[PDB]
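Summary heading: complex between chloramphenicol and GNAT superfamily acetyltransferase PA4794.
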Amino acid sequence: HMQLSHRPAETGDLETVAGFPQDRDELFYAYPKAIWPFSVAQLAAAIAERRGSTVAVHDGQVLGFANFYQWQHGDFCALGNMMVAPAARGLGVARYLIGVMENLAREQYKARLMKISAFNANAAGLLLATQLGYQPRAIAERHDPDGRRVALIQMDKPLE
Ligand SMILES: O=C(N[C@H](CO)[C@H](O)c1ccc([N+](=O)[O-])cc1)C(Cl)Cl
Ligand SMILES: O=C(N[C@H](CO)[C@H](O)c1ccc([N+](=O)[O-])cc1)C(Cl)Cl
């Protein structure tokens with residue numbers, strides 16, 4: 001069914017990926033420093049600052065995007081910017097990309113651990129990470145775009 005492949009993100013993918021977040025909450029979950037409306041320029045700025053920007057493809061469509069927020073050779077990487085096409089939610093795209101990013105963290109960065117953090121309102125992300133073997137380690141206070149306090153739940157998982 002949902003055959004998925006991956007490759008590094010390319011300039012040609014920017015518009016498509018920038019179309020993924022459907023509301024301010026979704027943008028905040030994936031890219032908390034971004035400002036709504038999202039734009040190719042904001043996506044390109046993240047890609048420049050980060051590593052490992054990767055897309056997931058199915059039936060000739062880019063359906064997902066992720067990168068590393070943090071990377072420390074021999075130590076850990078932290079997942080960032082997970083976005084999924086609105087017509088492909090709940091089909092395994094985020095799960096698939098997390099596995100790809102785990103492999104890349106192991107292979108390229110010799111990471112022993114992957115970190116995933118999710119904002120408290122992002123139930124789906126918390127639950128998916130839990131399904132994939134991530135455990136919560138800490139909770140940090142953050143603020144949303146309206147200045148309201150939110151909880152960032154910081155999870156991790158050993159790699160192999
Ligand atoms: O789909 C969600 N969260 C997933 C969990 O894997 C992920 O955090 C995500 C965030 C933003 C997004 N987007 O804006 O396209 C897509 C997936 C919630 Cl918005 Cl319901
Ligand atoms: O700054 C630029 N490129 C960098 C890489 O050198 C990166 O691609 C980027 C693009 C857009 C951007 N932005 O508009 O915020 C920031 C960085 C060009 Cl606009 Cl000159």
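If you read the sequence from its start, that first residue is 1, and numbering goes on from there. Going by what the header records, the deposited coordinates were determined by X-ray crystallography, 1.2 Å. Computed from heavy atoms alone, side chains included, the values below leave out hydrogens, waters and symmetry copies. Just so you know, ligand 1 is whichever comes first in the structure, and atom 1 is the first atom listed for that ligand.
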* Asked: Which residues define the site around chloramphenicol (ligand 1) at a heavy-atom cut-off of 4.0 Å?
  -> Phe20, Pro21, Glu26, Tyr29, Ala30, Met82, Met83, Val84, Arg89, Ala94, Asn122, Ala124, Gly125, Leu128
* For chloramphenicol (ligand 1), is there an N or O atom under 3.5 Å from any N or O atom of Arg89? -> yes
* Could you list the atoms of chloramphenicol (ligand 1) found under 4.0 angstrom from a heavy atom of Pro21? => 13 (N), 14 (O), 15 (O)
* To do: Give the numbers and elements of all chloramphenicol (ligand 1) atoms closer than 4.0 Å to a heavy atom of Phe20.
  => 15 (O)
* Asked: In the PDB record, what organism appears as the source of chain A?
  -> Pseudomonas aeruginosa
* Asked: Which chloramphenicol (ligand 1) atoms are under 4.0 Å away from a heavy-atom of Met82?
  -> 9 (C), 10 (C), 11 (C), 12 (C), 16 (C), 17 (C)
* What are the atoms of chloramphenicol (ligand 1), with element, lying closer than 4.0 Å to any heavy atom of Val84? -> 15 (O), 16 (C)
* To do: Give the residue and atom name of whichever protein heavy atom lies nearest to atom 20 (Cl) of chloramphenicol (ligand 1), and the separation in Å to one decimal.
  => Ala124 CB, 3.8 Å
* Contacting atoms of chloramphenicol (ligand 1), where contact means under 4.0 angstrom from a heavy atom of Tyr29 -> 19 (Cl)
* Protein contact of atom 3 (N) of chloramphenicol (ligand 1) - nearest heavy atom, named by residue and atom, plus distance -> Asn122 OD1, 3.0 Å
Distances for all N or O pairs of chloramphenicol (ligand 1) and the protein under 3.5 Å?
unit_1                     : atom_1 : unit_2 : atom_2 : d
chloramphenicol (ligand 1) : 3 (N)  : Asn122 : OD1    : 3.0
chloramphenicol (ligand 1) : 8 (O)  : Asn122 : ND2    : 2.9
chloramphenicol (ligand 1) : 15 (O) : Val84  : N      : 3.3
chloramphenicol (ligand 1) : 15 (O) : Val84  : O      : 3.3
chloramphenicol (ligand 1) : 15 (O) : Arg89  : NH2    : 3.1

